[PDB]
A.B. asks: 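Please read through the structure below; I'll follow up with questions.
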Amino acid sequence: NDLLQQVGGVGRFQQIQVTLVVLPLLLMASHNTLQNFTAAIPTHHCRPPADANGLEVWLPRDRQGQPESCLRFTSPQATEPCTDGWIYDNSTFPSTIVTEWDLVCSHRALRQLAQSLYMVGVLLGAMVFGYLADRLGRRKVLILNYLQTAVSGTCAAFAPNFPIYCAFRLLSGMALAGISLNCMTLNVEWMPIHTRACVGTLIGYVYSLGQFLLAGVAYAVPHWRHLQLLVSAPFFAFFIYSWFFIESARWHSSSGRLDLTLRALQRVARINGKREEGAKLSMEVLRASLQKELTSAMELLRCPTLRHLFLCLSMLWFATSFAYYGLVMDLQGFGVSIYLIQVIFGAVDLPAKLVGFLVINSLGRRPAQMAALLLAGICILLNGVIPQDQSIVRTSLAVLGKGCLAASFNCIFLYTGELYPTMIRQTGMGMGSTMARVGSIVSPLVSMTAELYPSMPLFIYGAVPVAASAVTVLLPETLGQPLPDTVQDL
Ligand SMILES: Cc1nnc(SCC2=C(C(=O)O)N3C(=O)[C@@H](NC(=O)Cn4cnnn4)[C@H]3SC2)s1
């Protein structure tokens, strides 16, 4: 690390490359929560038979007096399945994947399946591009992922049928999971030790700012294709600017090529302008500097002490992500504009990050998790209880509960590293991030329980954070306590 200071700490290279590597995370939110728009559900009712010489004589009504989304009259007034398809409202959404290939009534769930698959890609991409980034390096893999996100995200916009769309969303989410992974690593291994913490919050705030981008881009371009394309097309640019990057000098050392560690540090010293210092640098200096440094997930499940942490922490991450996507993947039904709420959610995350930070230091870490979760679960239970007519009340509670889940994410990311000792911290935090994604796969699969009982997803998304708030009690406090190095510690 001292060397980094020798070649110029937080130098221009640390301004230029760090801006360019964080700029793609402005579209991560867009991609993850895109279907709220590209897969929005316009008011749909069945199409009559052309044989008929309006809708009054051929569509049954429900208790609201609106023409039914699943049936149509067999004779001009028995009801039948709608063989000629459906008529969708060309108002808010001119075309969506729900309108394009009919993901409605019987295929009501196929739209959630896509999100599940996208998120199956996001689970796989943390594993695949984690291993490939240790072998090929951070920069390469990032080059290949900016290419893959752009190609598969453009081929999703030009997919002729839903199965091919689901395959290209899985490839897009896999590349984006390797981007969200290796953007931090490449931005942490090039900046000094006391500024590492500032890189991880910058990344968290730039994701929150990407919601505002999604709301404005989807309002300007509602059609799903011109929307899926416009969110994916900047990744071609990303790709062409990622060549110019410099590969991690830490990766070089560990992997072995200490001799690249020399060039890497010397170029960065030429960009920072302190070339003389790097000039002083040599291989002889590198042998002694990283001498010490240069010189498994089954442990968690072998050590009873470390299991305790693991099984407790695994729920927290799971429950935080599961109820987050359970309350964010349904903009509709809040009684208000689906774009406006996307702006309000992004804007509640912001003070949430602070007020979360204040309670994290003043009352302690452990209290936070339970507080954030418990209130998140209570807010989401109240959404399933309170009637649809109270639009402003369910909007206010959902926005509070979503901000409490953003406050939980920050809290668990800090708290989990303080709970694990140095020998299993990075491994156990990577396994914690693996449980959140599992939570993102299972969340759309619980949205399909709306067909059983309309409020049953909101009851499961509200019960799981309340159950997880009691699991924070089973973990110790870590406010003002020093970072453990061994399993004996604590
Ligand atoms: C995208 C990011 N990827 N890492 C990040 S660290 C920064 C951080 C943020 C934050 O808002 O500050 N988070 C999200 O947006 C949540 N996670 C997800 O939406 C999905 N997820 C889970 N685990 N990783 N992503 C949490 S993960 C911790 S933000």
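In order, the residues displayed for chain A correspond to 4-56, 62-85, 101-318, 325-519 in the PDB entry numbering, which applies throughout. Every number for a ligand or one of its atoms is a count from 1 in the order of the listing. Per deposition record, electron microscopy, 3.3 Å.
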A.B. asks: For ligand 1, what drug is listed?
C.D. replies: cefazolin
A.B. asks: Which chain contacts cefazolin (ligand 1) the most here, in the terms used by UniProt?
C.D. replies: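 It is most in contact with Solute carrier family 22 member 6.
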A.B. asks: Which organism, per the PDB entry, is the source of chain A?
C.D. replies: Homo sapiens
A.B. asks: Give the UniProt transmembrane segments of chain A, counted from the N terminus, with a heavy atom under 4.0 Å from cefazolin (ligand 1).
C.D. replies: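 Non-hydrogen atoms that close: UniProt segments 4, 5, 7, 8, 10, 11.
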A.B. asks: Which residues define the site around cefazolin (ligand 1) at a heavy-atom cut-off of 4.0 Å?
C.D. replies: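 Heavy-atom neighbours of cefazolin (ligand 1): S203, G227, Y230, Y354, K382, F438, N439, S462, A465.
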